[PDB]
Amino acid sequence: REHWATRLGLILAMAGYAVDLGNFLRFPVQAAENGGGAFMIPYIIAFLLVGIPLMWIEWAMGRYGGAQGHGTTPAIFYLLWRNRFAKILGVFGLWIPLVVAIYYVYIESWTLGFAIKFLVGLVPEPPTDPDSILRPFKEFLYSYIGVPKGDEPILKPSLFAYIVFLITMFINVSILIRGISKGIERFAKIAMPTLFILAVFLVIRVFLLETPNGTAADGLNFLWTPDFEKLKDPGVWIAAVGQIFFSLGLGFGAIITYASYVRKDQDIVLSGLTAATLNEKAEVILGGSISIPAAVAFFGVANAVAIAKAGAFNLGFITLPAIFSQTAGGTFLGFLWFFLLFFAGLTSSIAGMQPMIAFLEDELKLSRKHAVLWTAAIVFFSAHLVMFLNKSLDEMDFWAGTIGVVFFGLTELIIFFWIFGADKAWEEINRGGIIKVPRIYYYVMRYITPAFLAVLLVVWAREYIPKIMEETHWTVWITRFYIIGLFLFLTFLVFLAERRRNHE
Ligand SMILES: CCCCCCCCO[C@@H]1O[C@H](CO)[C@@H](O)[C@H](O)[C@H]1O
Ligand SMILES: CCCCCCCCO[C@@H]1O[C@H](CO)[C@@H](O)[C@H](O)[C@H]1O
Ligand SMILES: O[C@]1(c2ccc(Cl)cc2)c2ccccc2C2=NCCN21
Ligand code: NA
Ligand code: NA
C-alpha cells in the first residue's frame, strides 16, 4: 500500500484539503452575518464539540481500514459492522466526493480562468457609482459561465471557460496519477507554502488600502466587533456547527481515504489536531483579513451589511475583481487573488477524487494509472451537466455537498463509536498517539457529537428540503435523475467488487 512519506507532507495534504475557497469567502461572510466577533463563541465551541472529535474519528477509521488494504467506506463500514446494509451506506462515502468533484473542479477552473484573464489584462476596465463598476464585472462573469440570457435554463460557457476546464482537469490528473507520496504529498509541500505567501502578501496590501470611502481597519472593525445579541438566535449556533463541519470537510469520505495511507501505528491524534488548526488559522487570520476588509475599504462601512448579504460568491467573483480594477497594480493583485483561490481549490479537488481512485485500486484491483484515468473520465463527462444546465450545480451541492455530508457524518459516528464499539474505537484513535485524546472526549464523541449532528440535520431537513422540492424548476429532476444513477452505478461496482473477492 502507498503511504505518506513524511509527517509534514501528511499534515500539509490534510490541511490542503480543508483550506479551500470557503476559508477566504464563506467564513468571513458567515462571521459578519452571525455576530461578528461574537460568532467566535459558538465557533470555538463547535470546533471543540464537533469538528475535532469527528475529525479524529475519521482519521482513525481511515488508518484502521488502510491497515487491511481498504481506503474507502464500503469496505471499511463492512469491517466495523459486518452487515449488507453497511456496504450500501458506505457507497455514500464514495458517491458524495464524486458528485462534489463533478461541479467543484469546474468552479476551480473559473479561478484559474480569471487568474489568466487578469494577468494578460483581458478584463473589464470601468468607468463613479458602485453599480457602474460592479456591472461590467457581473457581465464578465456571466459571459464566462454563459449565464442564460433567456427563459431557458441553458448555460453557454465560453470557449475560454471550456479550455480552462480541460486544463484544470489535466492538472488534477497530472498530480493524482503520480500517487500519494510522489504526487499528492509532493504537491502539498509546494502549494501550501505558496498559498501562505500569496495570502500574506494580500493581507499586507489590503491593510494599506485607503479610499475616500474607508480603510481596511474599517473592514476589520465591522467584521470583528461582537454582537452578542445574536447569540440568542438558534440559527447562529446552527451556522457555527455548520461552518465548522464544512470548513474541515468532514463527512465527504476524503479524510478517511487520505488517512488510509497512514501506517498502522503512526500518530493521528496530534497530526489531525495540527491539520484542523492550520485550517482554522488560515480561516480566521488570513481569510478574514482579505475579502471583507478590502470590500469595506472600497465601498465604505455603510455598505458592509449589504456586501455580507450579497454572499460569498459575489464577493469573490464580482465585488473584489471590481475593486482590483480600481486599485493601483490591481491587475497583478487580481491575478494573485485568483491564483490563491485556484491552489485552494486544487489542493481540495485532488483529495476529493482520491476516494474513487482508491476504490478502483483497492477493490477492483485497477492500476493507479487506470484508476485515475477512469475517475477523471467519469468526472469530466458528468461535469458537462454542470457546465450546460443552469442550477444543476446548486442541486448537486445540496444533496451531496450539504444534506449528504451531515447525514454521512452522523453515520460514521454511529458505526464506529456505537456499533463497532466505543472502547475498540477509543483505543483505535489513541494508538501510536504522540499525545493522547483527553478522556473527556470519550463522552463528547459518544453523546454530544452525534447529538449536535442530529439536531443540525433535522433543522436543515425541515428548513431546506421542502423549498428545494416544491419551488424549483422541472429541470432539477434532470440532476436528481443523474446523481441517483451515479449512486446506482457505484452500488453495482460495490456489487462487482464483492463478487470478484468470492472468486479469488
Ligand atoms: C465559496 C465560493 C463558492 C462558489 C459559489 C459558486 C456558486 C455560483 O453558481 C452559479 O452562479 C451563477 C452566477 O449567478 C448563477 O448564474 C448560477 O445559477 C449559479 O449556479
Ligand atoms: C454530449 C457531450 C457533448 C459535450 C459538448 C462539449 C463541447 C461543446 O462545447 C461548446 O462549444 C463551444 C466550443 O465547442 C464552447 O464555447 C463551449 O465549450 C460549449 O458551449
Ligand atoms: O472544497 C471542499 C471540497 C470537498 C470535496 C471535493 Cl471533491 C472538492 C471540494 C468543499 C466543497 C463544498 C463544501 C465543503 C467543502 C470542503 N471542506 C474542505 C474541502 N472542501
Ligand atoms: Na476550510
Ligand atoms: Na484546498
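For this chain, numbers begin at 1 and follow the sequence in order. Counting convention: from 1, in listed order, for ligands and their atoms alike.
- The largest share of close contacts with ligand 3 comes from the chain named in the PDB entry as Transporter.
- The drug observed at ligand 3 carries the PDB name mazindol.
- Binding site of mazindol (ligand 3) at 4.0 Å (heavy atoms): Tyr17, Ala18, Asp20, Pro97, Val100, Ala101, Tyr104, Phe246, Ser247, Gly249, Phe252, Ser348, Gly352.
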